[PDB]
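For the single chain, residues carry numbers from 1 onward in sequence order. Scope of the values below: all heavy atoms of this structure, side chains included, with no hydrogens, waters or symmetry mates. Atoms within each ligand, like the ligands themselves, are counted from 1 in listed order.
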Amino acid sequence: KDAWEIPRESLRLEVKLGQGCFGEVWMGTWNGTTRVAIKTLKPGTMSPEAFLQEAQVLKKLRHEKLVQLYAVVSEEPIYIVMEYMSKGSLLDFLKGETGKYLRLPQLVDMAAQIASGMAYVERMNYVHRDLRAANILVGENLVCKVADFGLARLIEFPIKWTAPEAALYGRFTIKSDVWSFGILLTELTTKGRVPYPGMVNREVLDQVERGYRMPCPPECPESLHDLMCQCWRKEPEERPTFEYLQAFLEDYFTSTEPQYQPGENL
Ligand SMILES: COc1cc(Nc2c(C#N)cnc3cc(OCCCN4CCN(C)CC4)c(OC)cc23)c(Cl)cc1Cl
């Protein structure tokens with residue numbers, strides 16, 4: 001046991017937020033004062049330090065644009081205790097009521113924050129393995145954080161967000177996260193629309209290997225789709241860094257699209 005462990009008696013499992021093939025997610029209260037969120041094991045569901053190795057990644061990672069670990073439980077019943085994100089998933093946020101008021105400036109800045117989280121990941125020498133809008137939590141003031149490193153690792157599988165070399169040959173790198181970041185960029189600019197519309201997994205895998213790439217989403221600037229294309233380069237090592245992507249997006253509206261005017265959607 002380590003210093004990340006707490007008494008479970010500390011924990012008010014209150015409202016329910018979701019389920020899965022893993023367990024649940026709950027709003028709750030920690031030591032009576034603190035709002036938290038808990039990813040649960042409903043008793044047996046799966047392996048101990050499989051559920052509890054997303055902790056071992058999340059313990060050593062610690063950035064403002066990453067969802068924060070608060071504590072863990074193995075005094076079974078079992079829990080992963082984390083920082084509570086008020087507006088839920090970026091996917092739900094984009095599809096929901098506020099989604100449609102979202103404009104490029106907002107969307108680019110969300111992209112930015114995420115780039116920022118991932119750039120930290122990048123210099124910590126970790127890989128996320130599952131980057132996509134569904135694993136981005138939104139809080140107040142349009143804040144976005146990376147969450148659910150649930151497969152993550154030191155650099156020692158829903159394929160539409162997955163880089164070819166990673167889906168096919170299991171080559172997961174920060175460079176394959178980048179690939180996913182570019183796909184994540186199509187989600188933001190379409191307001192949550194599933195990538196590769198009308199295509200099934202195997203068809204996506206076959207067309208992407210022949211070099212098919214998603215075209216510029218409607219009302220999305222060419223400069224922003226260029227960036228997605230860079231993120232989707234065949235050779236992993238030619239994809240840009242999260243550091244370049246972070247700085248590119250923060251500076252976007254001055255350095256890159258300094259003449260942008262809003263349309264009916266973006
Ligand atoms: C702890 O373990 C993990 C937990 C999570 N999941 C969450 C964490 C975290 N972290 C924090 N806070 C969350 C808040 C949620 O909903 C709150 C508000 C929802 N509404 C949207 C619609 N409007 C109009 C009302 C508000 C939520 O919904 C499912 C999931 C959350 C992930 Cl993604 C990964 C890991 Cl590893």
Specify the drug or drug candidate modeled at ligand 1. bosutinib
Provide the name in the PDB entry for the chain that contacts bosutinib most. Proto-oncogene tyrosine-protein kinase Src
Side chain, backbone, both or neither: which applies to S89 and bosutinib if a contact is any heavy-atom pair less than 4.0 Å apart? neither
For bosutinib, note which part of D148 has a heavy atom under 4.0 Å away: side chain, backbone, both or neither. both
Which residue supplies the protein heavy atom nearest to atom 32 (C) of bosutinib, what is that atom called, and how far is it? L137 CD1, 3.8 Å
Which residue and heavy atom of the protein sit nearest atom 20 (N) of bosutinib, plus the separation: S86 O, 4.2 Å
Could you tell me whether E54 approaches bosutinib through its side chain, its backbone, both or neither, with non-hydrogen atoms closer than 4.0 Å? side chain
Is there at least one pair of N or O atoms, one from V25 and one from bosutinib, spaced under 3.5 Å apart? no
Which UniProt domain dominates the contacts that chain A makes with bosutinib? Protein kinase
Tabulating one pair per line, provide the atom names and distances (0.1 Å) for every N/O atom of bosutinib that is less than 3.5 Å from a protein N/O atom.
unit_1    : atom_1 : unit_2 : atom_2 : d
bosutinib : 12 (N) : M85    : N      : 2.8

